[PDB]
Trainee: 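One structure follows; several queries about it will come next.
Along the sequence shown, the residues carry numbers beginning at 1. This deposition comes from X-ray crystallography, 1.1 Å. Remember, it's 1-based here, ligands and their atoms both numbered in the order they're listed.
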Amino acid sequence: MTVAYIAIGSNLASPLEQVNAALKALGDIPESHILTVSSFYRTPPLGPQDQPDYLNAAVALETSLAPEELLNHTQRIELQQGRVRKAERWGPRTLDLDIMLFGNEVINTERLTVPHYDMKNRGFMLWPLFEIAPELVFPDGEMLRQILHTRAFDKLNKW
Ligand SMILES: Nc1ncnc2c1ncn2[C@@H]1O[C@H](COP(=O)(O)CP(=O)(O)OP(=O)(O)O)[C@@H](O)[C@H]1O
Ligand SMILES: Nc1nc2[nH]cnc2c(=S)[nH]1
Ligand SMILES: [Ca+2]
Ligand SMILES: [Ca+2]
Ligand SMILES: [Ca+2]
């Protein structure tokens, strides 16, 4: 099995309820087990700012699924939690499940790019990741602890 790390976000339809429901759904993904759940953080919106604050979190999920198979399940869960596509880039959503990392794999398919392209620039991804995996090393050898020591990210507040 491989340890995948999934970023969770919600800013619509009661984010705490959406995230708790998503965690239960993540538990039902086949060939997979949740290892660790982060704290929940209240985060200002990235992109357009005319939307509610997000609940952001992270989960470690060990799995024997193929990377795109895991994506099939995360997309399914988003859709089943009423996620509807709107035109607005980075606009509000009931649930976002991004695959941040899939072990040490570097994946570039039509549907999937891992590591997540912007995660090293987002405190709302890196802080919950550090909470659950403080010893993490990226596929390029960069240490999570070193990024968080060196780069300025705003303080992240718990939900
Ligand atoms: N690592 C990854 N995790 C989840 N989806 C990914 C992905 N890499 C590529 N994708 C693709 O990204 C597509 C669009 O997803 P969106 O949720 O609309 C982007 P977003 O999460 O709002 O922005 P962001 O990636 O800047 O955080 C999905 O349909 C999926 O095919
Ligand atoms: N804080 C935050 N802002 C966003 N804008 C679009 N998606 C997001 C998520 S998931 N979190
Ligand atoms: Ca399972
Ligand atoms: Ca996202
Ligand atoms: Ca997404």
Trainee: I'm looking at ligand 2, any idea what drug that is?
Mentor: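 That's 6-thioguanine.
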Trainee: Which chain contacts 6-thioguanine (ligand 2) the most here, in the terms used by UniProt?
Mentor: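 The main binding partner here is 2-amino-4-hydroxy-6-hydroxymethyldihydropteridine pyrophosphokinase.
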Trainee: Which atoms from 6-thioguanine (ligand 2) have a heavy atom of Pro45 less than 4.0 Å away?
Mentor: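 With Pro45 as reference, the close atoms of 6-thioguanine (ligand 2) come out as 3 (N).
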Trainee: Which residue owns the protein heavy atom closest to atom 5 (N) of 6-thioguanine (ligand 2), what's the atom, and how far is it?
Mentor: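 Answer for atom 5 (N) of 6-thioguanine (ligand 2): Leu46 O, 2.9 Å.
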Trainee: Does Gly47 come within less than 4.0 angstrom of 6-thioguanine (ligand 2), counting non-hydrogen atoms of the residue?
Mentor: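 No, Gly47 has no heavy atoms under 4.0 Å from 6-thioguanine (ligand 2).
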Trainee: Which 6-thioguanine (ligand 2) atoms are under 4.0 Å away from a heavy-atom of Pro44?
Mentor: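 Near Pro44, the atoms of 6-thioguanine (ligand 2) are 1 (N).
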Trainee: Got an N/O contact under 3.5 Å between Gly9 and 6-thioguanine (ligand 2)?
Mentor: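 No; the residue has no nitrogen or oxygen that sits under 3.5 Å from a nitrogen or oxygen of the ligand.
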Trainee: How does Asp98 reach 6-thioguanine (ligand 2), if at all, at less than 4.0 Å between non-hydrogen atoms: by side chain, backbone, both, or neither?
Mentor: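 Looking at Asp98 and 6-thioguanine (ligand 2), no heavy atom falls under 4.0 Å.
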Trainee: Any N/O of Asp96 closer than 3.5 Å to an N/O of 6-thioguanine (ligand 2)?
Mentor: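 No, no N or O pair falls under 3.5 Å.
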Trainee: Quick one: what's the binding site of 6-thioguanine (ligand 2) if I count heavy atoms under 4.0 Å?
Mentor: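 Heavy-atom contacts: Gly9, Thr43, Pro44, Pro45, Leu46, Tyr54, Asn56, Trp90, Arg93, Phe124.
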Trainee: Could you pull out every N or O of 6-thioguanine (ligand 2) that sits under 3.5 Å from a protein N or O, with the distance for each pair?
Mentor:
| unit_1 | atom_1 | unit_2 | atom_2 | d |
| --- | --- | --- | --- | --- |
| 6-thioguanine (ligand 2) | 1 (N) | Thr43 | OG1 | 2.9 |
| 6-thioguanine (ligand 2) | 1 (N) | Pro44 | O | 3.0 |
| 6-thioguanine (ligand 2) | 1 (N) | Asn56 | OD1 | 3.2 |
| 6-thioguanine (ligand 2) | 3 (N) | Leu46 | N | 2.9 |
| 6-thioguanine (ligand 2) | 5 (N) | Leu46 | O | 2.9 |
| 6-thioguanine (ligand 2) | 11 (N) | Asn56 | OD1 | 2.9 |

